[PDB]
Amino acid sequence: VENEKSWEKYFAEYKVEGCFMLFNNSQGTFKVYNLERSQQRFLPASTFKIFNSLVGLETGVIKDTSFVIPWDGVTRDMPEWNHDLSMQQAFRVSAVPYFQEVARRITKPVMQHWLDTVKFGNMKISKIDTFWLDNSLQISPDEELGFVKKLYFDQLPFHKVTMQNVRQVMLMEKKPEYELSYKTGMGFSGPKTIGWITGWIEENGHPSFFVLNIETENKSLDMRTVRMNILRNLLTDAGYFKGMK
Ligand SMILES: *C(=O)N1C[C@H](NOS(=O)(=O)O)CC[C@H]1C(N)=O
């Protein structure tokens, strides 16, 4: 593990705290800003959709990535969500109600079995449809990094087609120079807003795994935009987006 202290630049620019972890498979380099935070636990918020999708597909609650759960007719603050959505659409717009219904169909005893089998964070369920957003379940950035690396390499205890389907829906940006796959998250913990982006970037078929975790006590900061700007600035600094990795 190399300590990359210059990455503080991109967090200080937004007056936030955070860590960044970057594992470049092909060059065998592993860089981390804020090692202490990388070992601290936080609620996963919407990054848990990776796990929920895996278990939903594996148990067969979700038939395939086109599987539709209708809108329940409850109008929510995000217009994207007030529709009948396929798994792929719900994942990409981060539609919480889709995955709350997945969790209820999985059921708490089955969910607990899969948390325990994968050894996912503190493995703690409060309520079946809130536990990844209400600060009961917690996971560290280093744990999220290990999890997505195992997902990429088919090392989790799921069927290969289950894991291929989740990798496919995680693909968010594709150019000839790079393919960027990730899941974002945002949650609340005490006075703090916690932001996540977990995923990988592939250039020439070579993956680099990353986890970004940020926090602020400034209630007026736009975490949704700031987390993405910070990720793009960090990966640009590290030499990505040009097809050279
Ligand atoms: C997940 O963290 N959430 C669902 C939704 N989209 O989040 S994302 O942009 O982080 O993927 C809004 C934020 C958050 C929530 N409020 O539950």
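In chain A, numbers come from the PDB entry; the residues present are 23-267, in order. Ligands are counted one by one from 1 in listed order, and the atoms in each one are counted from 1 as well.
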Quiz item: What drug shows up at ligand 1?
Solution: avibactam (bound form)
Quiz item: Which macromolecule is the chief neighbour of avibactam (bound form) by contact count, per the PDB entry?
Solution: Beta-lactamase Class D Cpin_0907
Practice problem: Could you list the atoms of avibactam (bound form) found under 4.0 angstrom from a heavy atom of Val118? | Solution: 4 (C), 17 (O)
Self-check item: From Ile219, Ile216, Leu155 - option closest to atom 17 (O) of avibactam (bound form) by heavy atom
Solution: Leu155
Quiz item: Where does the entry attach avibactam (bound form) by a covalent bond, in terms of residue name, number and atom?
Solution: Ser68 OG
Quiz prompt | Numbered atoms and elements of avibactam (bound form) in range of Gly207, under 4.0 angstrom, heavy atoms | solution = 2 (O), 10 (O)
Self-check item: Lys205: numbered avibactam (bound form) atoms lying under 4.0 Å from its heavy atoms
Solution: 11 (O)
Quiz item: Which one holds for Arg249 and avibactam (bound form): side chain close, backbone close, both close, or neither close, with close meaning a heavy atom under 4.0 Å?
Solution: side chain
Quiz item: Which residue holds the protein heavy atom closest to atom 12 (C) of avibactam (bound form), what is that atom called, and what is the gap in Å?
Solution: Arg246 NH2, 3.3 Å
Quiz item: Which protein non-hydrogen atom lies closest to atom 15 (C) of avibactam (bound form), naming both residue and atom, and how far is it?
Solution: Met208 O, 3.8 Å
Exercise. Note the single closest protein heavy atom to atom 2 (O) of avibactam (bound form), along with its residue, its atom name and the distance in Å.
Key: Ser68 OG, 2.3 Å
Practice problem: Give the atoms of avibactam (bound form), by number and element, whose distance to some non-hydrogen atom of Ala67 is under 4.0 Å. | Solution: 2 (O)
Quiz item: Does the N or O separation between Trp103 and avibactam (bound form) drop below 3.5 Å for any pair?
Solution: no
Quiz item: Short N/O distance, under 3.5 Å, between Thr69 and avibactam (bound form)?
Solution: no
Quiz item: When you look for heavy atoms under 4.0 Å from avibactam (bound form), do you find them on the side chain of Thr206, its backbone, both, or neither?
Solution: both
Quiz prompt | Binding-site residues: avibactam (bound form), 4.0 Å heavy-atom cut-off | solution = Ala67, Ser68, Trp103, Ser116, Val118, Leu155, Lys205, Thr206, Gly207, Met208, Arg246, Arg249
